[PDB]
Undergrad: 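The structure that follows is given in the form of structure tokens.
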Protein chains: 2
Amino acid sequence: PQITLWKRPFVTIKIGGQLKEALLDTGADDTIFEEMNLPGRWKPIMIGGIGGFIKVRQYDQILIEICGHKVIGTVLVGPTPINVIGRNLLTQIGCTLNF
Amino acid sequence: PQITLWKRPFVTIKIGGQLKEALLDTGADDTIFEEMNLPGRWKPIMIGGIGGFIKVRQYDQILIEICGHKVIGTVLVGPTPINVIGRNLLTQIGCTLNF
Ligand SMILES: CC(C)CN(C[C@@H](O)[C@H](Cc1ccccc1)NC(=O)O[C@H]1CO[C@H]2OCC[C@H]21)S(=O)(=O)c1ccc(N)cc1
């Protein structure tokens, strides 16, 4: 699909058997989700943003179904105010900016 | 142009007679720039992101030439780690996400 930007570009996603909405974020290097139940081991990391830094749990090789598109990549879980799909996964669905 | 997301989508922009690079950020509602010399009045406000909030100077009806496209809108100036072009201006150049 082609998505305009008059509203926040939210999409429906399936991850860890759970349904969630996430923001298509070209400004996000990596994908991050609010606190959620994901299986397996994880590594502590910290990411940086406009307001400073947050500590998040890094999960690798996580399956996401983005608007009916399956992708596998790194998914961070932590205190983000909003779920964000980062470029690490946007590339896998062939997402592009156009103007 | 069509922009893939294997690299940070930076574009060159001219604002207040100054040359700068800014990140096409679909996850950014509004445009914000690092500290810079901008003319006119401004209103103090605070915006929020990952890791928290920052206090920024809000300027309205500011002219930006984004990759050869002229636009006029609100531009925030403050301690962002990166210059970001927000949806408030992306819409005016007709920018869209595609996959
Ligand atoms: C610091 C920038 C590179 C912005 N980033 C993505 C961006 O889309 C965030 C994503 C975002 C969105 C909502 C809340 C927090 C973060 N938006 C943002 O901070 O912009 C602010 C200016 O416009 C306002 O609109 C809301 C946020 C404000 S980021 O959140 O910090 C980020 C950084 C690293 C990763 N791996 C993932 C995300």
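The chains carry the letters A, B, and so on, in the order of their sequence lines. Going by the PDB entry, the residues shown for chain A are 1-99, listed in order. Residue numbering for chain B follows the PDB entry; the residues present correspond to positions 1-99, in that order. Order of appearance sets the numbers: ligands from 1, and atoms from 1 within every ligand. Recorded method for this deposit: X-ray crystallography, 1.9 Å.
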Undergrad: Pick the drug at ligand 1 from darunavir, carbenoxolone, macimorelin, tezacaftor, golcadomide.
TA: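 The one found there is darunavir.
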Undergrad: Can you help me out? I need the name, per the PDB entry, of the chain with the largest number of contacts to darunavir.
TA: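 Its main partner is Protease.
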Undergrad: From which other chains does some heavy atom lie less than 4.0 Å from darunavir?
TA: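 Heavy-atom neighbours of darunavir: A, B.
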Undergrad: Please could you name the atoms of darunavir that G49(A) approaches to less than 4.0 Å, counting only its heavy atoms?
TA: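 Counting from 1, the qualifying ligand atoms are 1 (C), 31 (O).
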Undergrad: Applying a heavy-atom cut-off of 4.0 Å, say which part of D25(A) lies close to darunavir: side chain, backbone, both or neither.
TA: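 Side chain only.
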Undergrad: Heavy-atom contacts with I82(B) under 4.0 Å: which atoms of darunavir show up? List them by number with element.
TA: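 Going through darunavir atom by atom, the ones under 4.0 Å from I82(B) are 2 (C), 3 (C).
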Undergrad: Need the darunavir atom indices (1-based, order shown) with element for anything under 4.0 Å from a heavy-atom of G27(A).
TA: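 By the 4.0 Å cutoff, the relevant atoms are 3 (C), 5 (N), 6 (C).
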Undergrad: Under 4.0 Å from a heavy atom of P81(A): which atoms of darunavir are those, numbered in the order shown and with their elements?
TA: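 With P81(A) as reference, the close atoms of darunavir come out as 14 (C), 15 (C).
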Undergrad: What protein heavy atom lies closest to atom 38 (C) of darunavir? Include the residue and the distance to one decimal.
TA: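 Here the nearest protein heavy atom works out to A28(A) CB, 3.4 Å.
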Undergrad: Under a 4.0 angstrom heavy-atom cut-off, which atoms of darunavir come close to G48(A)?
TA: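 Every atom of darunavir under 4.0 Å from some heavy atom of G48(A): 31 (O), 33 (C), 34 (C).
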Undergrad: Among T26(A), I47(A), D29(B), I54(A), whose heavy atom sits nearest atom 23 (O) of darunavir?
TA: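 Shortest heavy-atom distance from atom 23 (O) of darunavir: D29(B).
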Undergrad: Which of the numbered atoms in darunavir are below 4.0 angstrom from a heavy atom of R8(A)?
TA: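 By the 4.0 Å cutoff, the relevant atoms are 26 (C).
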Undergrad: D30(B) heavy atoms, cut-off 4.0 Å: which darunavir atoms fall inside?
TA: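 With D30(B) as reference, the close atoms of darunavir come out as 22 (C), 23 (O).
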Undergrad: Give the residue and atom name of whichever protein heavy atom lies nearest to atom 16 (C) of darunavir, and the separation in Å to one decimal.
TA: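 Protein heavy atom at minimum distance: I50(B) N, 3.8 Å.
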Undergrad: Write out the binding site of darunavir as chain and residue number, heavy atoms closer than 4.0 Å.
TA: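 Counting heavy atoms, it is made of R8(A), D25(A), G27(A), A28(A), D29(A), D30(A), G48(A), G49(A), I50(A), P81(A), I82(A), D25(B), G27(B), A28(B), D29(B), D30(B), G48(B), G49(B), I50(B), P81(B), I82(B).
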